[PDB]
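Summary heading: complex between L-thyroxine and transthyretin.
Order of the sequence lines sets the chain letters (A, B, ...), proteins ahead of strands, with each chain counted from 1. Both counts, for ligands and for their atoms, begin at 1 and track the order of listing.
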There are 4 protein chains.
Amino acid sequence: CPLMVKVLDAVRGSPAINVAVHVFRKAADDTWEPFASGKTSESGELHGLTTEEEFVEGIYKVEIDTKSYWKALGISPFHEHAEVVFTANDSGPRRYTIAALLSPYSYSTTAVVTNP
Amino acid sequence: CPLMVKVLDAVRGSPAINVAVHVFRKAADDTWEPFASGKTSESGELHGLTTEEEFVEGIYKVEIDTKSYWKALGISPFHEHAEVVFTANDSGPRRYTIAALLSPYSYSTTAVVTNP
Amino acid sequence: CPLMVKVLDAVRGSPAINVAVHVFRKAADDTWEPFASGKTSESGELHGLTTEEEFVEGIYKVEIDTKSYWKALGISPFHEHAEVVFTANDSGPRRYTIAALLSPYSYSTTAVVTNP
Amino acid sequence: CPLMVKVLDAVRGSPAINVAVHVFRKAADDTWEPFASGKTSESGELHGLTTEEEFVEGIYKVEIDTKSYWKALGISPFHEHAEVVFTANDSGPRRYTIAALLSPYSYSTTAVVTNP
Ligand SMILES: N[C@@H](Cc1cc(I)c(Oc2cc(I)c(O)c(I)c2)c(I)c1)C(=O)O
Ligand SMILES: N[C@@H](Cc1cc(I)c(Oc2cc(I)c(O)c(I)c2)c(I)c1)C(=O)O
């Protein structure tokens, strides 16, 4: 699993289940191409979004639907969403893990770049 | 000042200076349309973006150019940029303070929403 | 001024009002002895803890009573309290600014040291 | 195991390897009595800190040595160390992952209590 997304709820202190995460990849036209899509499992992580061969070089946008997650719980959050825009595989084949900590009025995101 | 962005460097433990900040107010045709622009002062705070008269009930995008701040220092950051997207003033004249803590492979943004 | 302390609430998106704060400097006996106390204001801070003359070089510890804060709102937080142990005025006189973003199960604390 | 720990370097975007970890347990006579200890693995995880029998109801403190981690890298951190004081196993038997994101002048910790 080259690309991975890990999401947590800071209010309840557990994994953020069913959070719609959308992965786009840039284009020469500078428009966004829909690379992948999925929702986070009961563990709060969405692995198996892409494969080594398919995850080529480029700029990717990982967009997390935080507003929908909260609205479901009955809370109206600040952000409409939270996205992580980065340049992947520039140097070489690296395995990424994107983690995000959620709160109504704050969100935190860290990455963990690792060799295969 | 109903909208002020605050940015702090978490590696050197000081305010992030000269960080480019771009604000975009969503237009009626659903296109991100330029609202404000500026660079964080020496205190890390960027003020004087707009006024309440022209800070209408919409969806704004405060984009902080973190990539260039870090590259200037000689470091190579993970994120292309940090982006906060939210629906402002959808009730009444609220004052919005949006702050962000920066780290090369991590960052988090909080929002303090008050009113005079 | 030398020991400034802001405390935010990442759930309600506002400053944390009346959050107890206890500071302790390390005594020559390696035990923790009292130094200053007070509660955060409406703006979410306490600016009158000590003054240069009393804020000598040593090992300090700002303890923030997070437990009691979250217990009033009805919530049952994970931590008993947020602590920040650090060495003060090592490089001569400096002005410190501790800060914590509070959330039920997760807290974050940044430190900003500026020179007079 | 029932008590797992995680440290993550956010300056380099990698797991924090060889970080000292010391767990304490609230004694009966209100003093910090040693409970368990170890060092983080290649993945940044520290497992087998305690059995599913020693971890009885009490007030545990997890001290993560931040100071030496940064010193070794040439960096001059702000904090002497990260601490996580919490109450465990009062609602019954629980699993506790305790994460920490590090930066020279800022650290963040989150708890993920899972139910067996
Ligand atoms: N392989 C790892 C996966 C893992 C990573 C993080 I990172 C995490 O929790 C946090 C803590 C903080 I602090 C953050 O800012 C964010 I985003 C997520 C959790 I739970 C699990 C393991 O399970 O051991
Ligand atoms: N040096 C400042 C103090 C200060 C620093 C930060 I950085 C900050 O904003 C955040 C945002 C997030 I997201 C965090 O996780 C944290 I911790 C702090 C705020 I408000 C105040 C002064 O005295 O002016």
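- Other chains with one or more heavy atoms under 4.0 Å from any atom of L-thyroxine (ligand 1): A, D.
- Per UniProt's L-thyroxine-binding annotation of chain D, a non-hydrogen atom lies under 4.0 Å from L-thyroxine (ligand 1) in D:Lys6, D:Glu45, D:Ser108.
- The heavy-atom binding site of L-thyroxine (ligand 1) at 4.0 Å consists of A:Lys6, A:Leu8, A:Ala99, A:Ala100, A:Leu101, A:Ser108, D:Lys6, D:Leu8, D:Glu45, D:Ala99, D:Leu101, D:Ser108, D:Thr110, D:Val112.
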